Amino acid sequence: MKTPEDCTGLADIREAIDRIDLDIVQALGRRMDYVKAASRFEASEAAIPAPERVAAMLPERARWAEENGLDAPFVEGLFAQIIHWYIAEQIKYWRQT
Amino acid sequence: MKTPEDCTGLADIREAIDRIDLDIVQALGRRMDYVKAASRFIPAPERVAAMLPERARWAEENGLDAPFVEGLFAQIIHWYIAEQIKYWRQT
Ligand SMILES: O=C(O)c1ccccc1O
Ligand SMILES: O=C(O)c1ccccc1O
């Protein structure tokens with residue numbers, strides 16, 4: 001995997017983009033492992049959506065986006081979506097267990 | 001970070017989830033560098049069309065719902081295409 005400035009054409013660019021997208025998928029898959037592990041440390045079902053934790057999480061991700069040359073609303077939006085889905089998945093996991 | 005099974009409480013879980021979320025942001029930041037580098041070689045229709053099912057498959061292989069993951073990548077790919085177009089027009 002070449003650095004962007006050493007990419008010689010679109011084959012190199014795409015190999016690197018494929019690797020980075022797969023890394024993101026694999027990281028989301030590991031993230032689910034952690035979210036499911038959380039379910040045993042939840043006092044109750046009402047504990048799941050942990051609103052102070054989520055409330056703080058999104059602006060922190062918006063800050064990381066700004067520190068990584070990305071538009072904050074785009075990245076904060078993506079994480080709102082991921083967090084929503086993972087909460088729903090945790091609630092599903094907690095209910096079926 | 002501890003593995004999920006070795007996490008002892010929500011402190012451990014959160015530390016690991018924050019480090020993973022930071023990893024994803026950092027990776028998206030690197031991804032932009034590649035999309036901007038590509039500009040000199042735009043919506044590349046056949047490329048997008050093939051990429052999405054590939055990401056759906058990776059999702060299935062990592063125990064995530066494919067529609068949710070494919071939907072995220074559809075959004076990511078649209079945003080980056082626009083940013084590549086912006087970069088190409090601005091330069
Ligand atoms: O996905 C998360 O990071 C999350 C945050 C707070 C509560 C439940 C969750 O799944
Ligand atoms: O983000 C992408 O993966 C992409 C793919 C094809 C063309 C332009 C792009 O930004």
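Proteins get letters first, then strands, A, B, ... in listed order; numbering begins at 1 in each. Below, each value reflects all heavy atoms present in this structure, side chains not excepted, and no hydrogens, waters or symmetry copies. Read the numbers this way: they start at 1 and go in the same order the structure lists the ligands and their atoms.
Structurally, the greatest contact with ligand 1 is made by what UniProt calls Isochorismate pyruvate lyase. Found at ligand 1 is the drug salicylic acid.
Atoms of salicylic acid (ligand 1) found under 4.0 Å from any heavy atom of A:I87, numbered from 1 in the order shown, are 8 (C), 9 (C), 10 (O). Shown in contact with A:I48 at under 4.0 Å from a heavy atom are these atoms of salicylic acid (ligand 1), numbered in order with element: 7 (C), 8 (C).
The organism that the PDB names for chain A is Pseudomonas aeruginosa. The UniProt domain of chain A holding most residues in contact with salicylic acid (ligand 1) is Chorismate mutase. Closest protein heavy atom to atom 2 (C) of salicylic acid (ligand 1): A:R31 NH1, 3.5 Å. Proximity to A:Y86 (heavy-atom distance under 4.0 Å) selects the following atoms of salicylic acid (ligand 1): 1 (O), 10 (O).
Nearest protein heavy-atom neighbour of atom 6 (C) of salicylic acid (ligand 1): A:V54 CG2, 3.5 Å. A heavy-atom separation below 4.0 Å is found between A:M57 and salicylic acid (ligand 1).
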For salicylic acid (ligand 1), which of its N or O atoms have a protein N or O partner closer than 3.5 Å, and how long is each gap?
from, atom 1, to, atom 2, distance (Å)
salicylic acid (ligand 1), 1 (O), A:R31, NH1, 2.8
salicylic acid (ligand 1), 3 (O), A:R31, NH1, 3.4
salicylic acid (ligand 1), 3 (O), A:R31, NH2, 3.0

